[PDB]
Amino acid sequence: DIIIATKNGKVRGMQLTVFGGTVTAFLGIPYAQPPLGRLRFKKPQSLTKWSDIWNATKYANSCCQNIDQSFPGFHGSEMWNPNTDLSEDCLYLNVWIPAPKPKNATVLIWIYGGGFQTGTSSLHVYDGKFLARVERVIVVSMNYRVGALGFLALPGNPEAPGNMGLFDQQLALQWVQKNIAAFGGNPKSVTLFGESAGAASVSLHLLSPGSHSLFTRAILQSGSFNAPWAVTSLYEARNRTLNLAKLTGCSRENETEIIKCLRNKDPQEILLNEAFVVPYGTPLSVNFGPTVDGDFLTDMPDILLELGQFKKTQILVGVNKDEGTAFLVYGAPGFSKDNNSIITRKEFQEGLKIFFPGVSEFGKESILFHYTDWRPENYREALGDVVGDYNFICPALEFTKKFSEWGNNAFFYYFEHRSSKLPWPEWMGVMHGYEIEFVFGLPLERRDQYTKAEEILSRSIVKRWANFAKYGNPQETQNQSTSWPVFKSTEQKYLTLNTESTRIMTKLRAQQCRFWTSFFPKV
Ligand SMILES: *[C@@H]1O[C@H](CO[C@H]2O[C@@H](C)[C@@H](O)[C@@H](O)[C@@H]2O)[C@@H](O[C@@H]2O[C@H](CO)[C@@H](O)[C@H](O)[C@H]2NC(C)=O)[C@H](O)[C@H]1NC(C)=O
Ligand SMILES: *[C@@H]1O[C@H](CO[C@H]2O[C@@H](C)[C@@H](O)[C@@H](O)[C@@H]2O)[C@@H](O[C@@H]2O[C@H](CO)[C@@H](O)[C@H](O)[C@H]2NC(C)=O)[C@H](O)[C@H]1NC(C)=O
Ligand SMILES: C[N+](C)(C)CCCCCCCCCC[N+](C)(C)C
Ligand SMILES: *[C@@H]1O[C@H](CO)[C@@H](O)[C@H](O)[C@H]1NC(C)=O
Ligand SMILES: *[C@@H]1O[C@H](CO)[C@@H](O)[C@H](O)[C@H]1NC(C)=O
Ligand SMILES: *[C@@H]1O[C@H](CO)[C@@H](O)[C@H](O)[C@H]1NC(C)=O
Ligand SMILES: *[C@@H]1O[C@H](CO)[C@@H](O)[C@H](O)[C@H]1NC(C)=O
Ligand SMILES: [Cl-]
Ligand SMILES: [Cl-]
Ligand SMILES: [Cl-]
């Protein structure tokens, strides 16, 4: 029986056998008061002491959210749906400890993504026991409120101030600072890492003064705040809050009475109406996301980044080869996960209005012109690259450029290996989200039918990530590997991650990102 005494009381963990060794797991530690009743839409309130022993022996509830019901029975989509009961009572965290108890281990804190509308830390591919066993680091992950329950915003109104889900994450970071020493962790060696909206979350913690003292450095996989889906303008935030109030019959003159009306509605009523607060949407639309609240975010994040107002530390940023392909089967005509999705030129143009609804005709023709300088799968591949470059790759590169211009070491990766167990079709390639299982070390478990080369790749990736967390330098020193060079604003070197051979290259998607970052904002 391994019991740890935290600042709020004792917690009961459990022992797991991993690779002939042992890992101690504490699943479902509460880190905030359940945000129920009057506490809905408010910032997380801090927890009070319990006099007995909390059993942290199973994953806790996942936060309320809508489910991906596009492909029932299909593992490719269902593997991302929550695997615990949905509940407003969801502010819990998990911690994996190596055995025996480490003296002063570096801590990795995972922040899941999902467009700020879905996600949970209990997913199979977020299992931190492998990292704890192999690299003897401590892995922490938390659930944070998503959707309107986590990001509904009436700016300046403390009953719905916005960024509540970001304050959830932040309170979990504070929990680590206060308690991780009792688990054998080093509160001064804390690395945040996250993917998609989690990576954008990580990037905003770099911008938020309240988070600066709560971590050491940061890893951003397939996401950043400057992505076009990652931040909602305060006009849109107000317009979407008033729309959900209208859709639920909560339209009141007093803005505070609107919120209180929303606190009496059942969570499913909120969730059902979340999709309709915008006129038109895209498969990447974030209805309720981060806002400039004057609290977590003191100013528009583009200004803070441009003017060097962020935590000065090392960062690790990267993207996958085909970030955009996943979203094409969620609206683009002629696309299907069950055939090769050979589309015509006309279907490509119809594809553009799905992902760029409010853009002018000249703007969409400029996208078309730029991506058609060439094969029957030309247009299919072009649309995937349009969606992936615009929503993920080019913003990530721009974030890395602007961050590194203020003197800090930055490292950029280009992940381009497609999992041998990938359930989606071959034309989708190296999809959004499918580097996560390599980072968490699933292919190190050889009983799960990954290839030998995938075990080697995951082992190398795991070592690089752990070395970055512990030493701020993501090298694999022992096995005659390729040295990972610093990303500088001029050379813009990056490392490719795959099974055959790592390579150092420069200026990823240089032509494409000049279009998206410099020209396309003008249309
Ligand atoms: C600000 O919100 C309004 C209201 O949104 C309404 O329209 C749907 C999205 C639906 O969910 C409904 O319940 C909701 O109340 C938006 O107004 C709409 O805009 C579209 C296109 O401009 C029109 O087709 C609608 O007729 C119009 N509705 C009204 C009542 O005027 C408005 O677009 C939005 N602002 C922005 C910038 O998107
Ligand atoms: C690849 O499949 C898409 C999707 O087709 C859907 O509907 C059925 C026809 C089914 O066979 C299955 O493929 C999928 O659930 C094809 O597009 C569809 O094609 C038909 C014409 O045959 C149209 O009437 C549909 O509206 C259209 N749907 C969409 C969303 O585009 C596509 O033609 C196919 N490509 C191939 C076979 O090369
Ligand atoms: C957005 N909608 C719901 C319309 C479609 C989402 C389709 C997602 C398919 C998985 C893509 C990778 C996801 C990785 N995670 C879940 C971590 C983001
Ligand atoms: C926690 O688990 C232990 C396991 O032996 C059990 O004895 C105890 O009653 C549990 N606490 C509860 C259920 O509150
Ligand atoms: C853990 O390491 C830090 C340096 O990062 C040090 O300041 C601290 O005293 C250490 N704590 C221990 C050894 O308990
Ligand atoms: C809105 O309601 C709050 C809560 O009672 C109140 O303090 C405030 O004065 C009201 N605003 C008005 C009446 O304009
Ligand atoms: C280095 O190579 C050895 C075998 O040569 C392997 O067992 C080990 O896991 C590798 N380590 C990393 C970090 O790749
Ligand atoms: Cl490529
Ligand atoms: Cl093999
Ligand atoms: Cl190598």
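Numbers here simply count residues along the sequence, with the first being 1. Counting convention: from 1, in listed order, for ligands and their atoms alike. Computation of the quantities below employed the complete heavy-atom set of this structure, encompassing side-chain atoms and omitting hydrogens, waters and symmetry-equivalent molecules. According to its header, this structure was worked out by X-ray crystallography, 2.3 Å.
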inquiry  = Mind telling me the name of the drug at ligand 3?
reply    = decamethonium
query = If you rank chains by contacts with decamethonium, which one has the most, by name in UniProt?
reply = Cholinesterase
task = Write out the residues of other chains lying under 4.0 Å from decamethonium, heavy atoms counted.
result = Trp80, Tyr126, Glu195, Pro283, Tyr330, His432
ask   = Identify the closest protein heavy atom to atom 17 (C) of decamethonium: which residue and atom is it, and at what distance?
value = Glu195 OE1, 3.2 Å
message = Under 4.0 Å from a heavy atom of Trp80: which atoms of decamethonium are those, numbered in the order shown and with their elements?
response = 10 (C), 15 (N), 16 (C), 17 (C)
task = Using heavy atoms only, determine which UniProt active-site residue in chain A is nearest to decamethonium and give the distance to 1 Å.
result = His432, 3 Å
message = Quick test: of every protein heavy atom, which one is nearest to atom 2 (N) of decamethonium, and how far off is it to 0.1 Å?
response = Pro283 O, 3.8 Å
request  = Identify which residues UniProt lists as binding tacrine in chain A have a non-hydrogen atom closer than 4.0 Å to decamethonium.
outcome  = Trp80, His432
key: Top protein contact for atom 11 (C) of decamethonium, by heavy-atom distance   = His432 O, 3.9 Å
request  = Determine from the entry whether a covalent bond links decamethonium to a chain, and give the residue and atom if so.
outcome  = none
message = Checking a contact table here: which protein heavy atom is nearest atom 6 (C) of decamethonium, and how many Å away?
response = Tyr330 CZ, 4.0 Å
